[PDB]
Trainee: 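There's a structure below that I have some questions on.
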Amino acid sequence: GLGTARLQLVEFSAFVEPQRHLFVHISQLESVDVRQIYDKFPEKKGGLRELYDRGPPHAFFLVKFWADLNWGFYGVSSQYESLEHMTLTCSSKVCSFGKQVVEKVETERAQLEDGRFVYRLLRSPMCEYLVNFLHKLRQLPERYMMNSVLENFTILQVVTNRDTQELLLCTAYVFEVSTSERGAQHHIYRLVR
Ligand SMILES: O=C(O)c1ccccc1Nc1cccc(C(F)(F)F)c1
């Protein structure tokens, strides 16, 4: 599972609507050495290397997506849950060739449902930089070219307890493209050193 004692990812998805199309989808464990990816994110140092030093290390995950790009409103939907009532800050950074080019900061209040608290961030509009980027990527004539382009782009999500500023979840994403026959796919990994 992608999660800690305090906070779990229930569902994640990114999509376009005119019946929607999902680029990637997680509905709800191998490891990887964070040193192998230090370079994919800034040495900002709000990038990965510094965050990991201050831990906790069990809070840090890597997701590799093989996206489905064969298909307007662009959106992202996240759902988390916990047994504690919290307020969350969710920070998402896009990084391109080592440099942070987007930062999006959102908060969500716990909601009571079925004996647990859920934190629903639903249909957030995907930022414009990403929509435009996806429209170009969609044009490329060959899957191997898309992957070459995508090798230089990563996303980092940082979820903290807003009232204590404790990190609860830190997730790095990296991306390739799948063929239409093989649909979207993901693999989740703990990060270690
Ligand atoms: O959608 C935005 O505006 C977004 C902005 C900054 C950082 C991440 C963002 N969204 C996001 C976050 C995680 C994964 C994906 C996607 F999977 F769509 F690429 C998109």
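We number chain A the way the PDB entry does; in order, the residues shown are 222-239, 247-256, 266-308, 325-446. Just so you know, these numbers use all the heavy atoms, side chains as well, and skip hydrogens, waters and symmetry mates. Numbering of ligands and ligand atoms starts at 1, following listing order. Determined via X-ray crystallography, 2.3 Å.
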Trainee: Can you tell me what they call the drug at ligand 1?
Mentor: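 It's flufenamic acid.
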Trainee: If you rank chains by how many heavy-atom contacts each makes with flufenamic acid, which has the most, and what name does UniProt give it?
Mentor: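 By contact count, the main one is Transcriptional enhancer factor TEF-4.
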Trainee: Starting from atom 17 (F) of flufenamic acid, which protein heavy atom do you reach first, and at what distance in Å?
Mentor: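 The closest heavy atom on the protein side is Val252 CG2, 3.6 Å.
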Trainee: Tell me: protein heavy atom nearest atom 14 (C) of flufenamic acid, and distance?
Mentor: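 Heavy-atom neighbour on the protein nearest atom 14 (C) of flufenamic acid: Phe233 CZ, 3.3 Å.
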Trainee: How close does the nearest protein non-hydrogen atom get to atom 1 (O) of flufenamic acid, and which residue and atom is it?
Mentor: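 For atom 1 (O) of flufenamic acid, the nearest protein heavy atom is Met379 CA, 3.4 Å.
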Trainee: How far is atom 7 (C) of flufenamic acid from the closest protein heavy atom, and which atom is that?
Mentor: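 Scanning the protein heavy atoms, the shortest distance from atom 7 (C) of flufenamic acid goes to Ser345 CB, 3.2 Å.
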Trainee: Looking only at protein heavy atoms, identify the closest one to atom 3 (O) of flufenamic acid and say how far it is in Å.
Mentor: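 Ranking protein heavy atoms by distance from atom 3 (O) of flufenamic acid, first comes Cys380 N, 2.7 Å.
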Trainee: Which residue owns the protein heavy atom closest to atom 18 (F) of flufenamic acid, what's the atom, and how far is it?
Mentor: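 Ranked first by proximity to atom 18 (F) of flufenamic acid is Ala235 CB, 3.1 Å.
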Trainee: Which heavy atom of the protein is the closest neighbour of atom 10 (N) of flufenamic acid, given with residue, atom name and distance?
Mentor: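 Closest protein heavy atom to atom 10 (N) of flufenamic acid: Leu383 CD1, 3.9 Å.
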Trainee: Going by the atom numbers of flufenamic acid, which of them fall below 4.0 Å from some non-hydrogen atom of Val347?
Mentor: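 That gives atoms 6 (C), 7 (C) of flufenamic acid.
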Trainee: Which organism does the entry credit as the source of chain A?
Mentor: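 According to the deposit, it's Homo sapiens.
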Trainee: What protein heavy atom is closest to atom 15 (C) of flufenamic acid, reported as residue, atom name and distance in Å?
Mentor: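 Nearest protein contact, heavy atoms only, for atom 15 (C) of flufenamic acid is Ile408 CD1, 3.7 Å.
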Trainee: Measure and list all N/O to N/O distances between flufenamic acid and the protein that fall under 3.5 angstrom.
Mentor:
from, atom 1, to, atom 2, distance (Å)
flufenamic acid, 3 (O), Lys357, NZ, 3.4
flufenamic acid, 3 (O), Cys380, N, 2.7

